[PDB]
Amino acid sequence: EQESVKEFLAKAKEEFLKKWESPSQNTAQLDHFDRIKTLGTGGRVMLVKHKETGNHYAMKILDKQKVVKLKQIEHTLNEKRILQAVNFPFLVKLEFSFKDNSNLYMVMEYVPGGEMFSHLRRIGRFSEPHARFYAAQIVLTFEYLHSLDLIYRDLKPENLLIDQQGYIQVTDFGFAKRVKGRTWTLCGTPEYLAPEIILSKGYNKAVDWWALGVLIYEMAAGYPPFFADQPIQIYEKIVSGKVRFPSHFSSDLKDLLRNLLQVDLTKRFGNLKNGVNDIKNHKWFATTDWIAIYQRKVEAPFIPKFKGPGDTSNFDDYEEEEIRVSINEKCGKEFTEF
Amino acid sequence: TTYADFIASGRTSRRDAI
Ligand SMILES: O=S(=O)(c1cccc2cnccc12)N1CCCNCC1
């Protein structure tokens, strides 16, 4: 069974590196699609309909001039390069990408069930089996990403989508970095930052296992382990080495969380000799059939409402703006590789 | 309560990256 994982990951690395070294480019164009509705804004993500087939997709649109202004060139190129190269059940699939005079476009599978964030705030909190179901998918996803030397760095309910079968899709790779060892960028979201990032140390993929602990805590509690009015105050609590648990947390859950929310990155679960297996073998996961999760054969605890293709009810409403395409090419040299 | 403190934080909406 251990040899099956080893062989599986080696094959997956060979497939990733092939696509990483020769990325796909320019596989559709804007007028192949009708715009339907804005699903999210920051650029924008829109529900679109492919005219020829009638298939719906989520199209991320990035304004090249805005990307340059916000100093996001490398992050944007990197996100698209990662997405066209990875392949895993809980990672959103990139169907097409192209660019024009004004914008960059990534057309992804439409994931109709909405952000985990919305469901968690609506319901309040998840029961431990509901939380465990999602957590198992993140564990496997990070095992895959880390085997490719990818550090993810932006785990949070806002960045997890729920598909039609109730399984998770991870979408956003703008802060992911492919490095074998340590790195130094201050990046992420305050509530989810590992202490060694806050402390301006070099850090490694162990930061993702810290963030998994924050996520499990927030799913099971309804609020994250470290919060405050201002980020600086959140940082002080994170590095303090103190955390408090709701009284309804089970003993097994608290012990897992003490080992993921471990300030000493040399004692943190996922970063020890046995790597991810310390997490998979932990008592809280004793009922988890890891292969069945990967194979998507486990009955999901929650299935979002879905009327049919194009239903956007699990997403909020945003002001609709034109998709404008300038007569002049903008920022061509910067985005040659896209 | 801790939940009350969470609501009063003003960080219950979608959180941006730094
Ligand atoms: O939901 S999104 O608009 C979205 C993004 C990418 C693919 C998607 C696929 N289906 C629906 C929504 C999608 N979103 C944007 C950034 C905020 N984090 C969550 C992803």
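Throughout, protein chains are lettered first and strands after them, A, B, ... in sequence-line order, and every chain is numbered starting at 1. Indexing begins at 1, ligand by ligand and atom by atom, following the structure's order. Determined by X-ray crystallography, 1.8 Å, according to the entry header.
- Lab note: main contact partner of ligand 1 (name per UniProt) = cAMP-dependent protein kinase catalytic subunit alpha.
- According to the PDB, the drug at ligand 1 is fasudil.
- For fasudil, the other chains with a heavy atom below 4.0 Å are labelled A.
- Backbone and side-chain nitrogen or oxygen atoms of A:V111 are examined, and one is located within less than 3.5 angstrom of a nitrogen or oxygen of fasudil.
- Between A:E158 and fasudil, an N or O atom pair is found at a separation short of 3.5 Å.
- Applying the 4.0 Å criterion to heavy atoms of A:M108 picks out, from fasudil, the atoms 6 (C), 7 (C).
- Checking only distances, A:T171 never comes within under 3.5 Å of fasudil, N or O to N or O.
- The atoms of fasudil that sit less than 4.0 Å from any heavy atom of A:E109 are 9 (C), 10 (N).
- In the vicinity of A:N159, heavy-atom distances shorter than 4.0 Å reach the fasudil atoms 18 (N).
- Atoms of fasudil lying under 4.0 Å from any heavy atom of A:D172, numbered from 1 in the order shown and given with element: 16 (C), 17 (C), 18 (N), 19 (C), 20 (C).
- The source organism of chain A, per the PDB record, is Cricetulus griseus.
- The distance criterion of under 3.5 Å between nitrogen or oxygen atoms is not met by A:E115 with respect to fasudil.
- The largest share of chain A residues contacting fasudil lies in UniProt domain Protein kinase.
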